[PDB]
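Pictured: chimeric antibody Fab 1E9-DB3, co-complexed with progesterone.
So that the names make sense, note that chain A is the first sequence line, chain B the second, and so on, each numbered from 1. Just so you know, ligand 1 is whichever comes first in the structure, and atom 1 is the first atom listed for that ligand. We use all heavy atoms of the structure for the numbers below, so side chains are in, but hydrogens, waters and symmetry mates are not.
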Amino acid sequence: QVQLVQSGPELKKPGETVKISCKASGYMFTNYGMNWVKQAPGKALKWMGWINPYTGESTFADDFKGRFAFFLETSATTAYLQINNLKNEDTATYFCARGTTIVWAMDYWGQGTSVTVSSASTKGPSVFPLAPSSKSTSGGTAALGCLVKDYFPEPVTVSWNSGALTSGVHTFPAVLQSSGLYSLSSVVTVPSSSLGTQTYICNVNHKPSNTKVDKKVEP
Amino acid sequence: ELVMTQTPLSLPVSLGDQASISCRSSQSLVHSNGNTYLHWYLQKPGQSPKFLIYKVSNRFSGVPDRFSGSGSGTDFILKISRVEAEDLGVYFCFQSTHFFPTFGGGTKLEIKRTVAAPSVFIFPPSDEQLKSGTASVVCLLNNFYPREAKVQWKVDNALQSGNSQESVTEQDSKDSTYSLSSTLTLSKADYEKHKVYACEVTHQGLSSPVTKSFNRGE
Ligand SMILES: CC(=O)[C@H]1CC[C@H]2[C@@H]3CCC4=CC(=O)CC[C@]4(C)[C@H]3CC[C@]12C
């Protein structure tokens, strides 16, 4: 079906350029507009502009007249956004969204690319088992998880047992401490009966620092 | 330059009840060609937006029947009748009649439900973490409502201050509860100066405060 899959998280110094991509599939690419939407943390969506891939032509909204460009690679069905001379105001999530021109609305959206602009250097997390306390012998549900500690910038991606354990999982919003760095926890609930059955690995990816980590959580 | 206003910013509704987000506009959204190009998206926590309604009153494919939109000129309503747990999210109106297209500021739909008491857990710091030179203690409150919860730390039965952090999840998409983590962070040395670590939870669902604790080195 229609899929828009955008490139990963970016961390860039102020003044540098960024180029974000968005690969489309499952339809004639040249036949539909490509729109870009900005989303600052906890703020509303903003329509930046679109590129008409059939004419190669770009329109920008007032705020994004200036340091912003759209590019295409029709052969490879990818659209790009490039921001340059980056400011802190650009730290945000950027979305491409197919422009269904027959009713002047975007219909399919990419998953979002998160860009942090900072003078500071990527710092990768440490991961610690939050180890379950309920003895497998007794009943009820037992709780367990991973403490993903001391990283910059946002986001990190937590899954469990390589994304094949999703039920009962809570990954908390990241929070800051005085260190200037982020921490969070991902916890899961599981029948205490199964802690002595099968294993629990949490899989933490933090892409701006290129750390992929697996942690075996156990008694 | 048109303005696109949404009301409210925050709309609590209970399950099965109806919800009206409204969206005004500084100028008519009728095109000189006859159409109204007003649309709605829903953005669920973490996820990218979903197409709901196009041209004022049309469900996009797959969008359930209990969503409907209406209005004309400057005033539009989105009505979710018989509200459900997964309608939780932020709703935006989007106009593309006049250049340049704009979004409303969004309405956060919140589900109202009966009180539910937390499941409380506690995790001592890991050996691994200690080896590196700090202790973090974590206290988990699982599956509760309302958001409000007082979490207190007793270290050897002395109350703590401004050395822990709270994080709360967004409302759950199936049962509409919250989950919370409180994390006390001490230096390895500080941690070893003491023996009993406890988080005491106070909450509307609990008839009296529940305490979870451990003694060091278990
Ligand atoms: C006003 C006008 O001439 C029309 C002609 C084609 C239209 C565009 C077609 C593509 C499109 C898709 C969107 O999702 C936003 C609206 C837009 C960007 C439309 C806005 C109004 C346009 C620019």
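Using a 4.0 Å cut-off on heavy atoms, the other chains next to progesterone (ligand 1) are A, B. Using a 4.0 Å heavy-atom cut-off, the binding site of progesterone (ligand 1) is formed by A/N35, A/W50, A/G99, A/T101, A/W104, A/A105, A/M106, B/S96. The name recorded in the entry for chain B is chimeric antibody Fab 1E9-DB3.
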